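Below is one structure; the comments refer to it alone.
Numbers here simply count residues along the sequence, with the first being 1. The figures here come from the full heavy-atom set of this structure, side chains too, leaving out hydrogens, waters and symmetry mates. Each ligand, and each atom within it, is numbered from 1 in the order the structure gives.
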Amino acid sequence: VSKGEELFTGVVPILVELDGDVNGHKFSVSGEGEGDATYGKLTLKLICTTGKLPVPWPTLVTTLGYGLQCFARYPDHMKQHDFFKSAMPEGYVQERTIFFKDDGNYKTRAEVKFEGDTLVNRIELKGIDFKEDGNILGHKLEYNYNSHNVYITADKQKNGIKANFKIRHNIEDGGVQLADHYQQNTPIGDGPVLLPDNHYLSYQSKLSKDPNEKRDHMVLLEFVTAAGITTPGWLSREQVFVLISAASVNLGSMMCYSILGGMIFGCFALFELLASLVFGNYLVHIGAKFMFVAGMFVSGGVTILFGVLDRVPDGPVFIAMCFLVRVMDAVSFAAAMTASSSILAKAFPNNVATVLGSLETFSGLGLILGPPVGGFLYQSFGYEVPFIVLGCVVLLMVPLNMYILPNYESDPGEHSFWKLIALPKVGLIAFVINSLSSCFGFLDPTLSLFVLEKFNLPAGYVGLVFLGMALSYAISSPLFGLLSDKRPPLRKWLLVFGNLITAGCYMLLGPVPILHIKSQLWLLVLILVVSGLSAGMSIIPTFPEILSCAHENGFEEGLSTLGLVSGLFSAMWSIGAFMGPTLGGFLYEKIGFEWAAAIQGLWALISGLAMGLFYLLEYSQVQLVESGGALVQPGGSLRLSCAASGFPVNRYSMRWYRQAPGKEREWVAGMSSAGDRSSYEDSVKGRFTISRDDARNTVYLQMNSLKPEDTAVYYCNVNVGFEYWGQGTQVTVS
Ligand SMILES: COc1cc2c(cc1OC)[C@@H]1CC(=O)[C@H](CC(C)C)CN1CC2
């Protein structure tokens, strides 16, 4: 960790100038924009002042967009290898030599300095031996750009770094143009710079235009990450810190709710919805740590003051005290839930479902700890006593959470609440979770009445079967959390099937007089256990799906979006808990439990079918799938098929790539937009044939007159703004 790391904790306004010559034609370009090193984001708007560019803009993307490598996000084992922020309070120099294949050369000198607030980059360019009928001077490069890798090794002799990479530009005729880049980077101002190990950076890029501008300009978007040296594999300090804290909080709150769980019941959810929405909307202004500790302090205060109601005289003071205890319990649980969910969403970015499943398992393992020590404290000390013993142990666990938790700081976002809530998929998520919470709230009060009226057992076995259903939920939560984490497209399927199995469970809850099924005990207990498993298999994949839809819509990453999605999760669980018991009790007094369970299960079933119909109707995502790999004797003939998913083939160009073992990727052939022009390598010239078919949205490559040289893995390449690849097929010849 260096001193210049602290400078890049925010947004940086950046300014770029270039002056260069190409065969006597001189140009000067100037640009402005922003950078963000927390996530690796660069956005520039770049305008010429001299006039027309005889050279294409993708030739200058590698000079201006790669000219600011200081906004690279490094993971926690790569902060030791940061060089760019090490010398940034004074500045560095970067010299680059670019060899275009079968054409001339660029040589650039650039200096990147930090003047005032702004970051300044000055570039001088020299261009040597360009043909007039070439891809560069003839304006033959497509107006999009590809994703790349940049490899950096160290250099002790100049205390700097040296990087090598290649850039594949697309030409309009179908082919590609290769540009090989060699750069050397050196500090100027004697700063303690970190000479790194061998590593590399991955660049995603995007290129567009501002439509209101009528000059010559480019809008450039850069995503950067860094890798190359593998992790130790075990956790960090902050992650074990937040796991111990969240586990202890979840244990304490669960056992507090288990040991002591109309106007006040509904106004409780009425304040709970508002508290969840307000805490979701304003979280960075309060902070995750402060709101964690505040929610735990108010929760412990509530469970201390719950014993005092026996010494409060009956009258207006009893109402004015129980009301305040009810609303403080509501806002304390809301604040603690949203704070814990947001901080664990930030702490584990890729493994978000596994942590939530593990905390659900610890909540179950803590609620099964209630009866023995609870009976010890009840028939050993008394009844006023166990609540204040619980309050003492929670208020002694609180300063640990004051000591341990890190200080995450962020800035307010660019969008609002109302843009997030207006998505269709999010509304269907909310409707599914309303069905689940309403089924749970209906299952609360009438089960004890049904057991007492039919089977003649008291509330002890009602609590026992509640324990069994919670245990099935606790077992089924982390496994399907791990399954939803590891496989992305199975997550939405587990969302649909969970609600469908839950609906089947609530229809088997009440034996329908049409269906002729008899009532007994172990069948009922088993259906409740399977209902717990279905609820667990549904509820865990909800939060990552809302996160994926939020990042897919275009919300900027940070803590604002995590806070909003956690607040919406708590809000939907609040409005479901509200809607559930009132409709369940109304249906129980009106028509009976037997049809009430059927109507509730049918509600859940139509919720799941609406979800499944939205998935069956409006799904589309860019994908390339391939087929045609086998083993053929030399001199044979083959056909390879690349089937696309979510773009028109007749409006975009297509490329075919190949790779040999122990060798880099090589371009084979390319097919343009209009379908009349094709491009080939001389090793596949006259032999390989490319074809398309826009009716079935598929492209094909046919081969004849085989050689042992063409044993390779073949790939299919598009660019629809981003670069998308395929999994490849193995083609072997003898
Ligand atoms: C009566 O309202 C409440 C109902 C419930 C809970 C808390 C309540 O408030 C005290 C807990 C909360 C979560 O930890 C768990 C449920 C999800 C919201 C993650 C476990 N459940 C049972 C339902």
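- This structure shows the drug at ligand 1 to be tetrabenazine.
- The chain that tetrabenazine (ligand 1) touches most here appears in UniProt under the name MFS-type transporter SLC18B1.
- Binding site of tetrabenazine (ligand 1), heavy atoms within 4.0 Å: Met254, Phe333, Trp573.
- Going by UniProt's N-terminal numbering of the transmembrane segments in chain A, the answer for heavy atoms under 4.0 Å from tetrabenazine (ligand 1) is 1, 4, 11.
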